[PDB]
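Figure: clindamycin in its bound pose on Lincosamide nucleotidyltransferase.
Chain lettering follows the listing: the opening sequence line is A, and each later line takes the next letter. We number chain A the way the PDB entry does; in order, the residues shown are 2-267. Residue numbering in chain B adheres to the PDB entry, whereby the residues present occupy positions 2-267 in order. When a ligand or atom number is given, it counts from 1 through the structure's own listing order. Excluded from the calculations below are hydrogen atoms, water molecules and symmetry mates; all remaining heavy atoms, backbone and side chain alike, are included.
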There are 2 protein chains.
Amino acid sequence: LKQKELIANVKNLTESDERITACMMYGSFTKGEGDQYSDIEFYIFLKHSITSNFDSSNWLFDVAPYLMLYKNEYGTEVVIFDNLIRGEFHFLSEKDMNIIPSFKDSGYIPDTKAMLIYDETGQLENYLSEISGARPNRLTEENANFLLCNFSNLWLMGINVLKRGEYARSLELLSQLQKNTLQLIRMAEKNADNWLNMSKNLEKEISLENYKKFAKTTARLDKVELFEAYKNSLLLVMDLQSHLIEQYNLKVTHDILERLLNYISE
Amino acid sequence: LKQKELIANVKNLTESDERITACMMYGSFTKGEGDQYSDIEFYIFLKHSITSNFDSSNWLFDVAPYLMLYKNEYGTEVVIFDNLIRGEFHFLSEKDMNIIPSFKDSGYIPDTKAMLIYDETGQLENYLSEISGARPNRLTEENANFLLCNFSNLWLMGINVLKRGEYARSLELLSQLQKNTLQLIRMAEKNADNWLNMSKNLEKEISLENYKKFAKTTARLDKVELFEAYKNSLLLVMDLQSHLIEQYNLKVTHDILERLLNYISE
Ligand SMILES: Nc1ncnc2c1ncn2[C@@H]1O[C@H](COP(=O)(O)CP(=O)(O)OP(=O)(O)O)[C@@H](O)[C@H]1O
Ligand SMILES: Nc1ncnc2c1ncn2[C@@H]1O[C@H](COP(=O)(O)CP(=O)(O)OP(=O)(O)O)[C@@H](O)[C@H]1O
Ligand SMILES: CCC[C@@H]1C[C@@H](C(=O)N[C@@H]([C@H]2O[C@H](SC)[C@H](O)[C@@H](O)[C@H]2O)[C@H](C)Cl)N(C)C1
Ligand SMILES: CCC[C@@H]1C[C@@H](C(=O)N[C@@H]([C@H]2O[C@H](SC)[C@H](O)[C@@H](O)[C@H]2O)[C@H](C)Cl)N(C)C1
Ligand SMILES: [Mg+2]
Ligand SMILES: [Mg+2]
Ligand SMILES: [Mg+2]
Ligand SMILES: [Mg+2]
Ligand SMILES: [Mg+2]
């Protein structure tokens, strides 16, 4: 894989460069899920007093020639290399390595070994041993209530804009509804490790039954298709709620979902 | 309108309640766009001493009985009243009233008069006057570049996950692409006030030609429809880039977009 050649380059350069004190890899190549379709991604920890003006544009070209480079909404440098591999490099002071513990909340981190690329001081390895084995419990009453409330809110907003004739906006809301629904399916089927990344591995991780029901909640930009998708979204959540009620005390009841259902033809 | 009755109750209670110093309304009922499909929304500014313990659930019930209340991801109290009207209420200390001037970054502020629901001290009116008539100018090289780079980033990521067979994830990414594409159309057509709310009034605000093109970038959860939508997504952005390049210096060139296009079948 071209990706692995680039990863090796990153390891090489982060070790040899005096400006870089640590490098943490994350993503699929640290979880046995890397393939030819994957990107590569790192936190690059820099000498504190040279962090502001660090020439990351030049450093990234030293990794490999690139076609495009910009800073995304998360402050991460994103590169499209000339071989079309995407790379995400988050550059920050070594003094901000204390961000790492909060990563335990992002998902299941069974192993940390592939994450350790370079570690000048030993501090990176120490932070990683704090998150190694991290596994958020997603199967909570709190989560079930938030998702059902969040869905009801978004569904009602969506059906309203649809009734107005704001079709494109109802489609946008439907995609937000869909993310929430995936999280509900993962709750109902007790396979919720891929939580924030709810669509990762979906074809491998959920029942055909609910996959097909989810597919029915999708639509192109079309009034009739949107109405069908919105209706099927509600029906699916009604199924999920009647399953989840057995496990949690829910504030969104079948009655409340029934009122939303009736509203479609109002 | 049920909405107007509820706004009236909010006006009534915010005035009379000694714990509430000011109430600012926003959204479509302050922008000449309110209708039967609208929600209602307010910032409620509380006397500083009681902000910490204020029982919002109790107060919102006084506005009208509700079927559902929860805090969304923005910390907004979101309510579905028992007549199925949606309400969004942001409770803050009076001392945070100075967040108001930053609202000018969100878009055009046509009517600060309709925004003033209650103002004990005259303070709210003063902050609102600072934003009246204001709008960002979205027509910039910085915006053209970010959107084209962000689109290219998300598109290449999305086509990779589609090729992988992660269809549900490619759909999720497609919806993110779609929002970037609406902002790009708004730049090209120079109708960019509805920027963060890019799909608001979309059917009324962009040309029939670009609406039709945008509609072809949409898909249901289906391999063939997804490949069609991803191609049409890039082709639309290629059209838009050819216009934008005349106005701004752009990092994303036609040649780069063509590399991405050829990548679909590689
Ligand atoms: N919404 C989210 N919030 C927080 N962390 C997330 C997240 N989505 C993904 N992540 C984390 O960031 C890592 C990198 O994510 P991405 O590169 O977007 C997908 P990936 O799992 O690396 O697969 P891929 O790049 O091979 O397609 C993921 O493995 C996950 O640990
Ligand atoms: N993404 C965003 N970021 C920041 N502000 C936004 C935003 N989207 C919308 N807004 C602002 O928040 C106001 C209320 O938004 P919404 O209630 O979601 C839509 P609306 O314009 O009120 O129409 P509607 O409620 O009648 O359908 C908008 O009018 C706009 O001023
Ligand atoms: C052990 C996981 C480390 C991850 C590092 C950190 C992070 O930088 N995530 C990014 C996150 O952003 C998107 S997915 C929304 C990218 O596709 C992904 O590769 C990653 O860079 C955002 C801030 Cl969520 N995440 C919170 C967890
Ligand atoms: C005069 C506009 C005032 C608005 C008030 C403030 C706000 O609370 N916006 C909300 C925003 O959130 C979503 S749309 C993302 C809601 O649909 C919308 O009614 C509004 O409540 C988020 C924090 Cl962006 N926005 C930054 C601007
Ligand atoms: Mg990755
Ligand atoms: Mg990534
Ligand atoms: Mg509104
Ligand atoms: Mg609203
Ligand atoms: Mg009461």
Where exactly can clindamycin be seen in this structure?
ligands 3 and 4
Under a 4.0 Å cut-off, which other chains come into heavy-atom contact with clindamycin (ligand 4)?
B
On a heavy-atom basis, I'd like to know which of B:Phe43, B:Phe90, B:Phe104 is closest to atom 3 (C) of clindamycin (ligand 4).
B:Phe104
Distance from atom 4 (C) of clindamycin (ligand 4) to nearest protein heavy atom, with residue and atom
B:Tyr27 CD1, 3.7 Å
Could you find the nearest protein heavy atom to atom 6 (C) of clindamycin (ligand 4) and give me its residue, atom name and distance?
B:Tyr44 OH, 3.5 Å
Help me out: what species does this PDB entry assign to chain B?
Enterococcus faecium
Could you identify the single nearest non-hydrogen protein atom to atom 15 (C) of clindamycin (ligand 4) and state the distance to 0.1 Å?
B:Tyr75 OH, 3.7 Å
Which neighbouring residues and nucleotides define the binding site of clindamycin (ligand 4) at 4.0 Å (non-hydrogen atoms)?
B:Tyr27, B:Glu42, B:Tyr44, B:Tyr75, B:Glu89, B:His91, B:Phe104, B:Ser107, B:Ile110, B:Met116
